[PDB]
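Entry featuring lometrexol.
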Amino acid sequence: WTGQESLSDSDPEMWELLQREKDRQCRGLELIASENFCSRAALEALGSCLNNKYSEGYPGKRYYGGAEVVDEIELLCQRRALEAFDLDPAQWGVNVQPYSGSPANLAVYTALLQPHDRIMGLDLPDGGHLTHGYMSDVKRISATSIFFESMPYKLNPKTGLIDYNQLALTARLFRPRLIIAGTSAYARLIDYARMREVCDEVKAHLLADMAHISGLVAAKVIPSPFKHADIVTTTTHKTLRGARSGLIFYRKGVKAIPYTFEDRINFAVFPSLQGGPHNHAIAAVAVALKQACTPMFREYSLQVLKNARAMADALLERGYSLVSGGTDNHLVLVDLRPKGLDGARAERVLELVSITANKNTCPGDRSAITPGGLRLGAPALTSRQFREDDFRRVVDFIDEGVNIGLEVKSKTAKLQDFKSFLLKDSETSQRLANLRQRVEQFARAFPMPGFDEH
Amino acid sequence: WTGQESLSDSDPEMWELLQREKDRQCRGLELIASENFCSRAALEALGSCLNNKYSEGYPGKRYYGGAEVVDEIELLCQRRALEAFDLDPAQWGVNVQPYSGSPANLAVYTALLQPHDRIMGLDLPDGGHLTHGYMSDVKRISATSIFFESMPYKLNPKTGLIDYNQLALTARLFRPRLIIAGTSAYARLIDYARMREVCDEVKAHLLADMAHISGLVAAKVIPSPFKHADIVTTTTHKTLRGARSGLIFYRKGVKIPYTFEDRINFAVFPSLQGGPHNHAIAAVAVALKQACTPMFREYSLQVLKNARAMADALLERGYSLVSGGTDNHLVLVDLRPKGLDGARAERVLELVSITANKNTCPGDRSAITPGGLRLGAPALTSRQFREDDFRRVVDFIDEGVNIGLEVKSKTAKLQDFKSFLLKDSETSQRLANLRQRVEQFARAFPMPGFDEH
Ligand SMILES: Nc1nc(=O)c2c([nH]1)NC[C@H](CCc1ccc(C(=O)N[C@@H](CCC(=O)O)C(=O)O)cc1)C2
Ligand SMILES: Nc1nc(=O)c2c([nH]1)NC[C@H](CCc1ccc(C(=O)N[C@@H](CCC(=O)O)C(=O)O)cc1)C2
Ligand SMILES: *Cc1c(COP(=O)(O)O)cnc(C)c1O
Ligand SMILES: *Cc1c(COP(=O)(O)O)cnc(C)c1O
Ligand code: NA
């Protein structure tokens, strides 16, 4: 035993699973707006000897030796990150160690706040992330709500936009120390100027969490949160198209009397929260950030925008209703209540024909436990060189699933009744097997980033 | 642009840095006891298309579709985890999503404790981990000590062992809800049974954090904390030799029922983490299948012999070992009797391609410069080192120490020592000579992983 044997030779059971997953990614229409396909280049860094190095601490400030190379990788990754978002090294630092996006948010809260200090974020069912503070009527759900005190802000249910007026009204009363501008399920741009005004008045930190839209911001195809935000967190996957990791950007240098974010942020990441960095992820992130700086990527991102509105316009023209009426970014929120269906039903139909989308609770939902809609994203299929006509055809395939769903709803009662009918009625099975086969044939023909076979 | 281009073609700056790190690993004597060299098979899973799949939730209970294969991988990882540590699925379950060891511990704490509830772990300078709670005189350092209330327990400096008697005395007073049995820098076997007695008495959960020893435990070459703990955390790297990632094992079934399963799983997701890193989960599954083999038992036996051999060789050269020796994968050297400290020895050794880390000696305070050195066998044993090779590692260390002594007699401060090693041309030649001999020696041995990166 050397540990140089191949995966295919040494663990055939696992190799076959990697192949089935690769095949599933190739044959499918991936419409989850968080999802993307990482480059082979970055996957080579991720699957490297960099996994073997413990480098607790920071460049030049390590707790032990042998980190000279790993130091250059970290410092390179930082510079590439600041470059990717057109940030001045004098006015912005960045931490590249967070293990994912959720750790990155937790680290900011523990860096800047005391336990039980107050946080405001977009409510989860209005399109906020778990890590922005989310608790239910029964219990505290996100650890953000356990260790800190979160009150959500909300959508104006008329417009489907962020009710910025209520946020200002309500932040005056709640007195948050930190307010979060960022979304998991929101088709429009965030008014970061208006967020900073609220934050300036109530004397809160503004945290922009651009996870979903970080690629679009780097490419400069939407306006940048960095103009108005103190702190920016993000994933390195999603629209940045990297390996799974996280980043924390923070302002540094002179405020008005210096900013004091850098030392607090870095300390919270290590030694407070994390152990050894995942230097392999850091390197794959650096690879992906270089790719993000190129004109290729600006074109990718522009196509992401165009593909999204092509999907929107297409859905409007098949008569579907959209939350907020459309999109200014990489996704579309489809309200299926005005079509006489819901998200739960649509999802399971779409799934069975290799179309993968996300449920979305919409403003107009009459039932709190059945989501009304669906999030549909461009980035993943755009990375497979999809264009407007290809997304029109995606929308076309979706419409068939919806229409099966509508037909199965009137021949069923409950939601578990719905899902069993999809499996056991031969006439429904066959129409599903047919649509699936046509979807997989359509999808397979497009190129796919990464390795050929895993 | 396809995203199918190779790394060497598309990003030569990064590919050159990967190649330097690979050469550094190949030419060095890696003695950091938490280090190991991950198999190629596992790294192929790590750098894979499994990076591309969001699968928030758990097998059969995901928040969205497309997870048929990812469910199978996660479920397979769980089966192999329970297999590696010889656990009955009726009595034990396992969560495979923690992003690393430190996340695994925070998730256990948020599952079982309220904010500000009480925790006890081995003090950091006595050999515990940051995540077991750590505060200086001046401030709270570990998040474990911010969100929870940490009080450490200590070694008996007389024996270098954990003072189980003072733990029992002091836990009766402090009333911890959770006590941690596990170490970063400790050469001996933990008396888990005694930890369990103290826990039962004060009505506290016993957590074994076995990160350093997990592979030894898997191979059944040391006693298993699973006989006595309710919860067991571990890294998947270190002695398990997998990708960086974490595990939380927990009791289930009866004694009426255990309530860890749902609380642990919920703490991991949705409370703390987001989407799991399925690529790491697959790498971990690969390393766990390796961990069940007779090969791995032979490896883990060898790690013990190699550490023994390193200890005996150090003793025969007149070095002091904290606790007198070792029953595990590492040895703790006390260099004060020799006239040198850990900070000096660490830096000399680093320059001759031997990586170790400094270690506070029992009875000293963090403020005094650490008197010792932590030396581990797992990494080099993965490169097929045997007992004679570790004797030879100790020869090289002895030269390093002997140089450090000469430089100490010619320098005043520590910063003085450190730039005398660089600028004084006679000692830098003596170092360059040793470095080359060390690197020659080390390069001969095989290395797990890919050839060039
Ligand atoms: N906008 C948005 N942000 C997000 O972070 C996520 C999404 N959507 N969608 C998918 C996933 C879901 C997160 C998530 C998990 C649990 C509960 C929850 O309410 N759990 C309670 C009560 C459930 C019930 O009423 O039956 C529980 O204790 O089980 C809510 C949301 C993550
Ligand atoms: N046994 C053990 N467990 C561990 O988890 C680690 C080790 N050793 N060794 C390396 C690293 C050590 C982490 C670590 C971090 C901060 C301080 C600390 O005391 N910080 C104070 C004052 C220190 C000083 O005066 O230099 C501060 O400045 O906030 C100590 C140790 C991780
Ligand atoms: C997806 C996301 C995150 C982080 O998710 P991880 O799975 O932890 O990487 C954080 N914030 C927002 C707004 C997100 O959409
Ligand atoms: C190394 C270690 C950890 C943490 O592992 P990371 O992957 O560095 O977060 C936790 N506990 C113990 C006992 C360890 O040795
Ligand atoms: Na590329």
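Chain labels are A, B, C, ... in exactly the order the sequence lines appear. To match the PDB entry, the residue numbers of chain A are left as they are there, and the shown ones run 43-298, 307-504. Residue numbering for chain B follows the PDB entry, covering 43-297, 307-504 in order. We use all heavy atoms of the structure for the numbers below, so side chains are in, but hydrogens, waters and symmetry mates are not. Indexing begins at 1, ligand by ligand and atom by atom, following the structure's order. Recorded method for this deposit: X-ray crystallography, 2.3 Å.
- Location of lometrexol, all copies: ligands 1 and 2.
- By contact count, the main macromolecule holding lometrexol (ligand 2) here is known in UniProt as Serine hydroxymethyltransferase, mitochondrial.
- Other chains whose heavy atoms approach lometrexol (ligand 2) within less than 4.0 Å: A, B.
- Counting heavy atoms within 4.0 Å, the binding site of lometrexol (ligand 2) comprises A:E98, A:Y105, A:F317, A:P321, B:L166, B:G169, B:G170, B:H171, B:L172, B:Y176, B:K181, B:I183, B:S226, B:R425.
- Nearest to atom 8 (N) of lometrexol (ligand 2) among the protein's heavy atoms is B:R425 NH1, 3.5 Å.
- Closest to atom 29 (O) of lometrexol (ligand 2) among all protein heavy atoms lies B:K181 CE, 3.1 Å.
- Nearest protein heavy-atom neighbour of atom 10 (C) of lometrexol (ligand 2): A:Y105 CB, 3.7 Å.
- With hydrogens left out, the protein atom closest to atom 20 (N) of lometrexol (ligand 2) is B:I183 CD1, 4.0 Å, a heavy atom.
- Shown here, atom 24 (C) of lometrexol (ligand 2) is out of close reach of the protein: none of its heavy atoms lies under 4.0 Å off.
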